[PDB]
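Report on the structure given below.
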Amino acid sequence: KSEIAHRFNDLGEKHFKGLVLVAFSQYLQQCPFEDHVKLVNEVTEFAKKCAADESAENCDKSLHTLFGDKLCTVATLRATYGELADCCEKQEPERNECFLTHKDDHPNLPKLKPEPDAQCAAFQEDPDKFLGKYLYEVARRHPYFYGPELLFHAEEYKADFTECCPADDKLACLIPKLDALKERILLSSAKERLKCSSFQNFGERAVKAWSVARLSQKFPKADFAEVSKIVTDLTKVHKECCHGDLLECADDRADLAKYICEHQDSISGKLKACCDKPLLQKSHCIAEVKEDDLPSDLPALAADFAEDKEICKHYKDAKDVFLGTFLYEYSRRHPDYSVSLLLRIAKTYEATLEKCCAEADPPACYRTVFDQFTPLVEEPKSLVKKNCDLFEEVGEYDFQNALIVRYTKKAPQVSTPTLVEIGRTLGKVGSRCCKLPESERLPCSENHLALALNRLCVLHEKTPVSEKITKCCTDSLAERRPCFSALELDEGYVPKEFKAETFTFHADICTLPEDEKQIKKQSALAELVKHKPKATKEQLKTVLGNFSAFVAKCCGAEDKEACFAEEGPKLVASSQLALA
Ligand SMILES: O=C(O)COCCN1CCN([C@@H](c2ccccc2)c2ccc(Cl)cc2)CC1
Ligand SMILES: O=C(O)COCCN1CCN([C@H](c2ccccc2)c2ccc(Cl)cc2)CC1
Ligand SMILES: [Cl-]
Ligand SMILES: [Cl-]
Ligand SMILES: [Cl-]
Ligand SMILES: [Cl-]
């Protein structure tokens, strides 16, 4: 009868209110926290009224009708969100579709800076307001953040403050926990954004494929029917959360967690620990669960997929099913491959069949299909071993620098902050992945690279600057990483004309945190590449070394500014000659 009552009843007031605040914060990213609280309280009041009597007027309205109506009441909607006011002239589902089209992925809001004393003060003063504000701040900064996961992270955030405010030293307890929390927020936001991107740009089939591969790796003991069930249910969960239907997404996600845990013996031995936890914890634990051991009875795949005489008939009859089973089977056997590698392998299997089945003697043609995968496997494996070597040789900062040079050459039209961000993000991937046991390096590296490349692609939709990026971001998802890897110096670029102030430093650099100091230097690096795009990476590193020496020296000087002013122009002029 009443959907709003149904969800209120299923989720309870706490989670209902939390998720509604998330939904609204994500749709309306600029309003103050206090204004969103009021919309949430009103919506909740109405849900309670409807729960008491579902036949009361408007109670039987859809959630989109009710929530879209609520959003469209907000003060200063024309002035703050000119685009969203336009959406408010439409009915559902056109209105919601309009709301979705107009979410902002890079709202450029100030960085969230921990103030241990004033925050612990606010936490004690009003814990509920303090935690809601956390939901709001993160939600408006990550408009596709997986709703229920944000409630999970809010409870961690709560645990951090409960542990660390009563202690003697606040900042020493807190700042490591909050820095770790922030990193987990970023990773999580990137994973989910890839999911929503994949729905948006490649459709539901791509999400399902991705998911078949990854879930088969994690749960290799499960049969194709179980994996398919879970994939079907999890795809629906992510489709709902990506479309802003957070209440339905949360309810369906809880049902999925329940199902997995009731069938854990047939799904995976690694689920036991997850399944003895509370709800949000349980879902999160399942989501991050480690891959199960390979079962000793995994089937030989040649008979069914290369040697059977009727593969063309079975392929022709039920393409999406035959290929799905292939993907399930190959993936469960290959936790050592990345998901995109498995998707490339599946596409090569398909293409081999389309070719062989239109020739005279298909069996003799498709008998070698598995051997077609060999080159697909070896390229990424070599690329990872190669980059983990550079990483172990030079350490994180220089690895970052090398990637900055590499990506700036590929796409020098991209903004310097974005180029630095991606280079820095991919350098951190080396830190994480290269330290792992070697068989895990490939999936770790390539799965994380996908997240960073997707971030680049998302930015590029909003701020297009390069046709080569556009092609890599919009041709097949499986080929995205190879496409980016195959880009070379955009020769079409006209070297950015020299501006000396771009390479001019001052003494304020000396007061910066180390990371911020590095970002300054890395920004200069990217700018050096834009002005001298044919310079070798070794020329660029030599010049960057001189910039570092100069900053370290002038920051150690008695008269820092006099140092920077006398030495800066020399360095700048010298560096042009060094980059020829
Ligand atoms: O749709 C087209 O553009 C032309 O038709 C190609 C149809 N194939 C079907 C198989 N499909 C892959 C595929 C999709 C997305 C990324 C890689 C492979 C797939 C494998 C297993 C599963 Cl369960 C679902 C889909 C790729 C496209
Ligand atoms: O007043 C009482 O008797 C004690 O009840 C407090 C109930 N609160 C309501 C606000 N809830 C906030 C909240 C604050 C502001 C807006 C929406 C929800 C919330 C914070 C974190 C998560 Cl994970 C979920 C909910 C928490 C529970
Ligand atoms: Cl996001
Ligand atoms: Cl689709
Ligand atoms: Cl994972
Ligand atoms: Cl160095």
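Throughout, residue positions are numbered sequentially from 1 according to the sequence presented. Every number for a ligand or one of its atoms is a count from 1 in the order of the listing. Method reported for this entry: X-ray crystallography, 2.2 Å. Note that these values count all heavy atoms, side chains included, but never hydrogens, waters or copies made by symmetry.
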Indicate which of BPN14770, EVP-6124, R-levocetirizine, AZD5438, AZD6482 is present at ligand 2.
R-levocetirizine
Can you peek at the structure and tell me the main thing R-levocetirizine is bound to, named as in the PDB entry?
Serum albumin
UniProt domain, chain A, most residues near R-levocetirizine:
Albumin 1
Enumerate residues in chain A that UniProt marks as binding Zn(2+) and that sit less than 4.0 Å from R-levocetirizine by heavy atoms.
none
Below a 4.0 angstrom heavy-atom separation, can you tell me which part of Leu21, side chain or backbone, both or neither, approaches R-levocetirizine?
side chain
Help me out: UniProt Ca(2+)-binding residues in chain A, which have a heavy atom under 4.0 Å from R-levocetirizine?
none
Contact between R-levocetirizine and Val37 is defined here as a heavy atom of the residue under 4.0 Å from a ligand atom; is it met?
no
Short list, please: which atoms of R-levocetirizine are under 4.0 Å from a heavy atom of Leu151?
23 (Cl)
Is any covalent bond from R-levocetirizine to a polymer chain modeled here, and which residue and atom does it involve?
none
R-levocetirizine binding site (4.0 Å, heavy atoms)
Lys14, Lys17, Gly18, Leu21, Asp128, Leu131, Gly132, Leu135, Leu151, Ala154
